[PDB]
Amino acid sequence: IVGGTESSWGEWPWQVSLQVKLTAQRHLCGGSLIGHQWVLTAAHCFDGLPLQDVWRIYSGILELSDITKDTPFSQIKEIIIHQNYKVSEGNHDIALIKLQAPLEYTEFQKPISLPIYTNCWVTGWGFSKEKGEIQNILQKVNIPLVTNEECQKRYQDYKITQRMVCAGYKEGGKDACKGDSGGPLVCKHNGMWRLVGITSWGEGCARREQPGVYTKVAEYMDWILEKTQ
Ligand SMILES: N#Cc1cccc([C@@H](NCC2CC2)c2ccc(F)c(NC(=O)c3cc(C(F)(F)F)nn3-c3cccc(CN)c3)c2)c1
């Protein structure tokens, strides 16, 4: 997150860290807890995939530095990458993770509701600048959506589809960045947070007139419901 501030304990209880344990353990992506056994993330977060075991999913956490062996984590039972996801294109950037064991809901660990907006927040432990590093304390930033027309105007080299939503400022300075991928874009509807986007990509981070591009969750609701039951 570029241009954001430190989150507080319990503030974003659906935010998870998707980490890989090889020799060292590292955070690769965010995700959003959407049910007791279900995490929603970006398909591109699995572009290294075939490496067997080695995924640990952390929920109810604020600070990556306070992860020890004592820190509980979830394990992956199943990954469902959208059928139309292609590594070479940037389309359909969405995946579900079935956890091996259900997580309980608490004030620290609970799901974002699923189903045009200024009051939107992007969160994660990604870079706070393009030549950046993974952040310790979960960052938050308030960013308005832009129309698809406006976003497409900014990205002549790419196809911005009806299944994408964009968020950014004309003069940049606030954006998601590398390592935020797969985490939430939430917006306030009628006193309640809804998952509007999944952090996907952009031309760098926080550049003027280069907004963040998100997977538009509303356009995948049939696929999310079908795959989860
Ligand atoms: N349609 C389409 C399409 C076609 C080809 C490539 C891409 C896209 N990569 C594959 C998509 C996700 C599956 C793409 C295109 C152009 C780009 F410049 C990038 N780059 C990034 O994204 C990117 C680079 C960096 C960093 F600077 F840190 F290295 N961070 N980031 C990033 C990471 C997260 C958020 C955002 C939103 N500021 C940015 C990514 C998209």
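The residue numbers of chain A are those assigned by the PDB entry, with the residues present covering 1-115, 200-313 sequentially. Recorded method is X-ray crystallography, 2.1 Å. All heavy atoms count here, side chains included; hydrogens, waters and symmetry mates do not. When a ligand or atom number is given, it counts from 1 through the structure's own listing order.
- The compound at ligand 1 is the drug or drug candidate Orladeyo.
- The name the PDB entry gives to the main binding partner of Orladeyo (ligand 1) in this structure is Plasma kallikrein light chain.
- Across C261, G286, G296, heavy-atom proximity to atom 20 (N) of Orladeyo (ligand 1) is greatest for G286.
- Shown in contact with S265 at under 4.0 Å from a heavy atom are these atoms of Orladeyo (ligand 1), numbered in order with element: 33 (C), 34 (C).
- In terms of protein heavy-atom proximity, atom 29 (F) of Orladeyo (ligand 1) is closest to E214 O, 4.0 Å.
- Counting protein heavy atoms only, atom 11 (C) of Orladeyo (ligand 1) is closest to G90 CA, 3.7 Å.
- Protein heavy atom closest to atom 39 (C) of Orladeyo (ligand 1), with residue, atom name and distance, is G288 O, 3.4 Å.
- Of the residues of chain A in contact with Orladeyo (ligand 1), the majority fall within UniProt domain Peptidase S1.
- For Orladeyo (ligand 1), the polar-atom distance check finds an N/O of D259 within less than 3.5 Å of one of the ligand's N/O atoms.
- Heavy atoms of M248 come nearer than 4.0 angstrom to Orladeyo (ligand 1) in at least one pair.
- Among protein heavy atoms, atom 40 (C) of Orladeyo (ligand 1) sits closest to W285 CB, 3.7 Å.
- Taking a 4.0 Å cut-off on heavy atoms, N91 fails to register as neighbouring Orladeyo (ligand 1).
- Residue contacts with Orladeyo (ligand 1): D93 is included, with a non-hydrogen atom under 4.0 Å away.
- Per the PDB record, the organism listed against chain A is Homo sapiens.
- Under a 4.0 Å criterion applied to the non-hydrogen atoms of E287, Orladeyo (ligand 1) contributes the atoms 16 (C), 18 (F).
- For atom 25 (C) of Orladeyo (ligand 1), the closest non-hydrogen atom on the protein side is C289 SG, 4.0 Å.
- Considering backbone and side-chain atoms alike, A260 places an N or O below 3.5 Å from some N or O of Orladeyo (ligand 1).
- Contact annotation for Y242 and Orladeyo (ligand 1): only side-chain heavy atoms (C-beta onward) come within less than 4.0 Å of the ligand.
- In this structure, the binding site of Orladeyo (ligand 1) at 4.0 Å (heavy atoms) is formed by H44, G90, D93, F211, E214, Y242, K243, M248, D259, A260, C261, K262, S265, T283, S284, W285, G286, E287, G288, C289.
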